[PDB]
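Before any comments, here is the structure.
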Amino acid sequence: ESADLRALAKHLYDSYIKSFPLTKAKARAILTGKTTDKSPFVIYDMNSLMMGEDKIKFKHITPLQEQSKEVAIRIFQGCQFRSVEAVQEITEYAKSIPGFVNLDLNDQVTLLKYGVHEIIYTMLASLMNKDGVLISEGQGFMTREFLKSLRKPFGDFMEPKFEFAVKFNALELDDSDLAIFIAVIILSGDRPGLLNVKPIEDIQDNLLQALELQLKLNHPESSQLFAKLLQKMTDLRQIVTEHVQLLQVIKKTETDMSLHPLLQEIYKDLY
Ligand SMILES: CN(CCOc1ccc(C[C@@H]2SC(=O)NC2=O)cc1)c1ccccn1
């Protein structure tokens with residue numbers, strides 16, 4: 001019934017607020033000009049990239065990769081580092097979805113493993129506009145053209161995300177909508193190697209109802225927003241497979257690669 005669907009929507013939105021530091025609301029403000037405390041440092045070329053990394057050096061030190069390697073790869077490892085952090089926030093959020101923790105532990109792993117990237121790219125869109133993407137928790141803004149200049153391999157790993165983002169952001173979803181959308185993505189019963197599909201689908205069915213109600217109430221005038229949003233799920237899935245193909249190419253043609261352990265777990269045998 002409706003009351004429970006709304007309570008489910010709010011539960012998810014609250015845990016979403018607690019699990020993810022940089023929400024779309026905060027992100028759009030920064031990208032717009034609101035919040036009077038700092039303007040994002042913009043990296044649009046190699047000089048600015050240097051100045052950006054220097055400023056980070058004026059500050060304390062953090063276990064990362066303080067250059068001596070190629071730009072395209074530092075940037076590449078930078079995204080992966082941020083992804084490791086994302087996996088932890090997303091996993092915490094996943095555990096807040098009613099029913100999730102009670103699913104077979106193996107399926108939780110599988111759902112997480114296949115849904116984490118689709119969620120990372122969904123959340124990333126919130127930090128992107130047609131010209132760039134926020135980095136360092138809003139501290140910075142790296143341009144789309146700069147990312148597209150990196151040597152060919154790495155020069156085009158973000159372009160598909162930007163293209164998806166522009167389309168996705170045109171739906172103008174807010175955080176309360178995204179929180180439910182993300183839950184629907186995690187609770188996908190079509191993931192490879194699932195042992196108990198039934199339990200997963202019943203949870204997703206409730207999530208879908210809650211999402212539909214949310215979009216109708218929060219966006220009364222947006223015609224077929226629900227259906228359009230569900231279709232974006234095909235694009236997200238494609239972005240992930242593309243990315244995995246690009247990772248294979250790199251592993252096959254780069255001297256060496258090196259992927260963070262947590263990411264190694266996620267990528268080990270994935271679509
Ligand atoms: C926050 N930014 C913005 C771009 O942000 C991302 C792009 C792709 C991912 C997915 C990663 S990259 C990989 O191979 N596997 C993954 O899970 C995650 C974030 C940066 C950009 C440069 C340096 C540090 N930070």
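Counting from 1, the numbers follow the sequence of the chain as shown. Per deposition record, X-ray crystallography, 2.3 Å. Numbering of ligands and ligand atoms starts at 1, following listing order.
- Lab note: of rosiglitazone, linezolid, alphaxalone, niraparib, drug at ligand 1 is rosiglitazone.
- Bound to rosiglitazone with the most contacts here is the chain that UniProt lists as Peroxisome proliferator-activated receptor gamma.
- The organism that the PDB names for chain A is Homo sapiens.
- Close approach of rosiglitazone to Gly78 (heavy-atom distance below 4.0 Å) involves ligand atoms 23 (C), 24 (C).
- On a distance-only criterion, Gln80 and rosiglitazone share at least one N/O pair closer than 3.5 Å.
- Here the protein heavy atom with the shortest distance to atom 13 (C) of rosiglitazone is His243 NE2, 3.2 Å.
- Residue contacts with rosiglitazone for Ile266 are absent, since no atom lies close enough (heavy atoms, distance under 4.0 Å).
- The dominant UniProt domain at the interface of chain A with rosiglitazone is NR LBD.
- Residue contacts with rosiglitazone: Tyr267 is included, with a non-hydrogen atom under 4.0 Å away.
- Nearest to atom 23 (C) of rosiglitazone by heavy-atom distance, out of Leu64, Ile75, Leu22, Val84, is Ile75.
- Annotation: atom 4 (C) of rosiglitazone to nearest protein heavy atom, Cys79 SG, 3.7 Å.
- The shortest N or O to N or O distance between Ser136 and rosiglitazone is not below 3.5 Å.
- Interface of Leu124 with rosiglitazone, defined as ligand atoms under 4.0 Å from a residue heavy atom, comprises 5 (O).
- Measured by heavy atoms, rosiglitazone lies under 4.0 Å from these UniProt rosiglitazone-binding residues of chain A: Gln80, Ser83, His117, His243, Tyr267.
- Some N or O of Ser83 is nearer than 3.5 Å to an N or O of rosiglitazone, by distance alone.
- Nearest residue to atom 7 (C) of rosiglitazone from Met123, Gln65, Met158, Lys161 is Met158 (criterion: closest heavy atom).
- Heavy-atom distances between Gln77 and rosiglitazone stay at or above 4.0 Å for every pair.
- Close approach of rosiglitazone to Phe76 (heavy-atom distance below 4.0 Å) involves ligand atoms 14 (O).
- Among all protein heavy atoms, the one lying closest to atom 10 (C) of rosiglitazone is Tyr121 OH, 3.7 Å.
- At a heavy-atom cutoff of 4.0 Å, rosiglitazone is contacted by the side chain of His117 but not by its backbone.
- Proximity to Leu247 (heavy-atom distance under 4.0 Å) selects the following atoms of rosiglitazone: 14 (O).
- Neither the backbone nor the side chain of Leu127 comes within contact range of rosiglitazone; no heavy atom lies under 4.0 Å.
- Of all protein heavy atoms, the one lying nearest to atom 2 (N) of rosiglitazone is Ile135 CG2, 3.3 Å.
- For rosiglitazone, the heavy-atom contacts closer than 4.0 Å come from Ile75, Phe76, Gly78, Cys79, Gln80, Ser83, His117, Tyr121, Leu124, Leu134, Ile135, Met142, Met158, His243, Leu247, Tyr267.
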